[PDB]
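Structure (with atazanavir).
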Amino acid sequence: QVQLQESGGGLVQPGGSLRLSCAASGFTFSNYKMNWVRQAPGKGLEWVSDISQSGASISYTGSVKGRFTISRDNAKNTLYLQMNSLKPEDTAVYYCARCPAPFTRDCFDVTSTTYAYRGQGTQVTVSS
Amino acid sequence: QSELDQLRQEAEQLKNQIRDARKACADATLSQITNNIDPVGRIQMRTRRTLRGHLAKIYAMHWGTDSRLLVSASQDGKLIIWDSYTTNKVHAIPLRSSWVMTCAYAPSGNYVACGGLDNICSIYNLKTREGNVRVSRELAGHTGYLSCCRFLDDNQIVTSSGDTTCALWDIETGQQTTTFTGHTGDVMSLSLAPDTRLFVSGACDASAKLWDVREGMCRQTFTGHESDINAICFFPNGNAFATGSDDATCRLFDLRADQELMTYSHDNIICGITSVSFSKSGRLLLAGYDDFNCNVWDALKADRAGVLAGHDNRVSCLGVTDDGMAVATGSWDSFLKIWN
Amino acid sequence: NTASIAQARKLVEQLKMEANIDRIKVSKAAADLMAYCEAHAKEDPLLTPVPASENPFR
Amino acid sequence: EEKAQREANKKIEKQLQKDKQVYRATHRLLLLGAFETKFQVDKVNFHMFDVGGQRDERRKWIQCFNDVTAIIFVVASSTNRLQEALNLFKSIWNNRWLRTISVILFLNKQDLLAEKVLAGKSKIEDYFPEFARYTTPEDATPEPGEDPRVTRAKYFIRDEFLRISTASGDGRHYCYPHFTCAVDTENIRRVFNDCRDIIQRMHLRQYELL
Amino acid sequence: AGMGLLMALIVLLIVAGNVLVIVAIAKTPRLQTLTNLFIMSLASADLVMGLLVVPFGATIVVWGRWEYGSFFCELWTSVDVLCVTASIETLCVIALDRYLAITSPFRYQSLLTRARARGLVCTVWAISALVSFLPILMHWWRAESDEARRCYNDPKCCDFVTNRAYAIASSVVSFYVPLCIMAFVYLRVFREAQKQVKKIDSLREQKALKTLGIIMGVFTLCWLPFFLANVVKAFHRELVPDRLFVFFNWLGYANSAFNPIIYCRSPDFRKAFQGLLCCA
Ligand SMILES: COC(=O)N[C@H](C(=O)N[C@@H](Cc1ccccc1)[C@@H](O)CN(Cc1ccc(-c2ccccn2)cc1)NC(=O)[C@@H](NC(=O)OC)C(C)(C)C)C(C)(C)C
Ligand SMILES: CNC[C@H](O)c1ccc(O)c(O)c1
C-alpha cells in the first residue's frame, strides 16, 4: 500500500511548540514531493507547506510563514513540520500528503477526500 | 469519534492479516523460477504501416476481432476506423463531444464505442444503416469522465470512469444494471478476462481491483504500485494481469496468489506508463512510456526485450491483435504505427 | 462523520471478504504461467519473425 | 473490391480536408476556476469550455487539455481561496504536458474585493506576509478609482501570480493578467488581444526569431 | 586541379545538403507542415541547379570554353536563369508566408491551405519558367554588338552578353522586386518582434538581429553583387571585367548550399537529420 501514518498533535496551549512526524511506507521517499494539508473544523482543506525531494524548494502558506518549518529525513522516510507560537486559528486536522507523480514539480493534491496518497491525519487543538 | 477509531483499527488488523497471508504464500520468486529458461534476447520490430489522417492527439485505440480493423479516437472529435492491411479508412465518425478518452470495438464487429470528458458513453452502430454512422445509444449515468470502456459480447459494456466507480451497462435498455463501487481515485483502465467472467480495474489509488460481473463485488485488491495506475491488461491465461503506473513500473499480478510476481523497471526510466498489453503467448509485455517510446519487456525474465522507437509525441494507446500478428501503437502525434 | 464511518464499515466488510480466500503457492502459479507461455510460444507471431509470405503487413 | 475501399477512403479524406480547415480555424480555450461556449469576435472562431462537471480530482483529465491556445484562469480577489488559486496556477505552469500553454489570467470579483477593502475586515497583511513591504509599482496605471490602498492590493495579487509565471516556462509560457470583474462585454475582446499575442509569440519562437 | 577541388566542393555540398533536406521532409510526416512545402520548392530549385548548371558551369570555367553545343549552351543558360529566379522567388514566398503568419495569425491560419500552398509553388515555378524559358529561345537576350555577335555564332562561346533592355528587365523582375518585397516584409516582422518586447520580467532583445539579418545577409552578400554587375554592364560593358562577372555568379550558386544551412535549423529538422545521417 501507500500508507502514510501521521503522529504528534493533541492539545497545546497557544504560544507553545509541537511537532508532527509522518511515517512513509510503500513508496520511494526520495522520488516524491511531500506537503502538509490542514482542515479546520467546518472549513475545507487548506495547503500548509510543501518540500521538494532534496529539501531545497520549500514554500509555506502565508498565514503560517515565519512560524512553521518543514524538514524531511530521507533515510528515515519521515516528514517533520514544527509548531512555533501557535494561535487559536490553527486548530485543524493536519494531514501528510504525497505528490501524485514521482519526480514532478507540480501537484494536484488538495481534494475533498478521495485522495489516496494522504494519511488519516492527527487532530490538533489549541484551546488551553 | 472513537467508533471510527476502532473501525480503523480493525481495518488495520485485517490489512496486517492480508499481508502476512500473502507473505506466507511467497515460497519462491518468478526470477528464479524463470531463470533457467532461455532468454528471448533482442527482438527487432519495425514500423510496418504508419496510419496518418487524424488531427489532434490520439488518446485510445482498440483492435477488432479479426485483427483487420482498428478504431482510433482523437481529441479532434473523430472516431476514424482503420484497415490495417490496406491502410485506408473504413468509417469516419464525428463525435458530439470533442474530447474522447476511450474507444472500444465490439467483438461481433457491429458496434463501436467512445467517451471522454462528457460523462456519456456513445454507441455507434455500423451495420443496420444503408451506409452511415449514427449514435445508436448514449449511456449517461456517470458523474465523472469516462476513461475506458469494453464490450462484453454485444449488449453489455463495462465503463471505467473518473467518478471512482465502474459500471455495467445494458445497451438495449440504456440502463446501468450493476455498479462497481470501492475504488478511491479515478478509474482509468479495465481489462476483460478471456471468456468474459470477471474484469480488473486500476485507478489512481495505486490499487487494481478484480470485479465479478455477475456478483458485482470485488474479489481481490492488488496494492503494490507506488503511484496512479494508467493501464492494465489481462494475461492470456486469465490467472494473471499486468498493470502500468506513473511510478515508471509495470507489475505482473497473479490472481491465485494475490501477489506481485515481478517488477519491470529500469533505473534509466523516470517517465510514467500510458498503456500496456501482452503478446499472443504472454512472453512479451509491451508498454508505452512517456519517454516517447514503447519499451518491450520480457514477461518472465524482467529484461528489456527490445527498445521500440517511434513517435515524436507521447504514446497513449497500445494494442495487440487477437491473432498476435502485429502490434499497433498510437501517440499524441496524431499517428498510428503498426509493427511486427 | 456518518458518511466516513459508513465508508469505513464498508471497507472493513470488503477487507474481511478478501481475507478468507483460497491461495495457491506462488511457485505453482509461476510454473503455470511459464508452462502456458512455453506451450503457446510456437503460435505467437512475435517471438519468432514471421515469414514474409504469412505476414499480411509486409 | 479494392476499388470501393479506395473510393470510400478518398471520400473520407476529402471530408477530413474540410475538417482540418475548420479545426485549424477554431481556437479552443479552457475556463478554469469558476460545458461549451462558441463566440465570434472579429470573424475568428473561438471555443470556450468549462469542465466544472467533474470532481475535484484534476491531475488526470487536465492531461487531456494541451492543444488549447490558452487556459483562461479566473480567480476571486476576495479557507484562503487565494492560495488555492495560486497552487492550482503552479500546477498548470509546471506540468509536463501543460508546459506549452499560456494562461489568460482574470482577477474576477474585484468589485467584491473593492467593497471588502475599505476597512480592516480581513487584512491581507495579516493574511499574506510581505504586504507591508510592498508598494504599487512605478510602471503601473492605477487610473481614476478608489482609495490608492486598494490598487496596492489590486497589483499585489497580480504580482504574486506573475512571480510564478516568470520563475519557469522559458519560452512556451506567458501569463496575461487582467483586472476585470464587471460585466461590460469587452472582456471577450481582451481575450482576443491576448490570444493574438499567444499565437504571434508562438510563431516568433517557431521561426527562431524571438 | 585547382578549380577541380574548389568548384567540385560547392556542387557536392549543394547536392549533399539539398537532397538531405528533401528526403528528410518527405520521410517524416512531422516536417510535412504548411511552411516546409515552400522549403521543398527551394531545395528542388537548388538541387536542379546543382545537377544541371553548377557542374556544367564548372567545366565552362576550367576548360575555358563551352564544349557541348549551341543548343546545349542555350538550354544550360535557360536552366540557370530558371533555377536562380525560382530560388529567389521561393525565398520571397517564404518571407511573405512568415509575414502573413506573424502580422495576421488568425487570418494566416484560416486563409492559406495545402491547396493554396500547392497553387503558390506552381504559380512561382510557372512565373520563373515564363521569365526564364520564354525570352531565351526567342533570342530576346541576343545583343547587337560586334563582340556579342561573335559569341552567338561560335559553338564554343557560352558567355552571357546581353542587351540593356533584357539585362535590366530580367535583373529587376528576378532580384530587385523580390529583394524589396523581402526587405519590407522582414522589416515589418522585425518591428513586430521588437513590439513584443513588452515581456514583463522586472541576446533576447538582439535575437531578431541574428535571425533576420542572416536571411538578408546570405541573400545580399551573394546575389546582390551579381545583379549589381548585370546592371552596371548594361550601361557600360568595359567597367566590369569578365572575370568578375563569373566570380559573382558563383557566389549566387553558393546560396543553393547556404539555403539548407539557414532554413533548416529547426530542432524538428535536426531530429530528423540525425536519424537520416545514421547510415546503419
Ligand atoms: C541541419 O543543419 C543545420 O541547421 N545547420 C546549422 C547551420 O550550420 N547553420 C548556420 C547558418 C549559416 C552558416 C554560414 C553562413 C550563413 C548561414 C549557422 O552556423 C549560422 N551561424 C553563423 C553565422 C553568423 C553570421 C552570419 C552572417 C552575418 C552577417 C551577414 C551574413 N551572414 C552567417 C552565419 N551560426 C551561429 O553562430 C548560430 N546561428 C546563427 O548564426 O543564426 C542565428 C548557431 C550556433 C545557432 C548555428 C547548424 C549546424 C549550425 C545547427
Ligand atoms: C549565366 N548565369 C545566369 C545567371 O545565373 C542569371 C540569373 C538570373 C538572371 O535574371 C540573369 O539575367 C542571369
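Order of the sequence lines fixes the chain letters, A, B, ..., with proteins taken first and strands second; residue numbering starts at 1 for each chain. Going by what the header records, the deposited coordinates were determined by electron microscopy, 3.2 Å. All heavy atoms count here, side chains included; hydrogens, waters and symmetry mates do not. For ligands, and for the atoms within them, numbers begin at 1 and follow the listed sequence.
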Could you help me spot every copy of atazanavir here? ligand 1
Partner of atazanavir with most atom pairs under 4.5 Å, per UniProt: Beta-1 adrenergic receptor
I'd love to know which other chains sit under 4.0 Å from atazanavir, counting non-hydrogen atoms. E
Could you pull out the residues near atazanavir at 4.0 Å? Heavy atoms only, by chain and number. E:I214, E:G217, E:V218, E:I261, E:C264, E:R265, E:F273
In chain E, which transmembrane segments listed by UniProt, counted from the N terminus, have at least one heavy atom closer than 4.0 Å to atazanavir? 6, 7
From the PDB file, what's the organism behind chain E? Homo sapiens
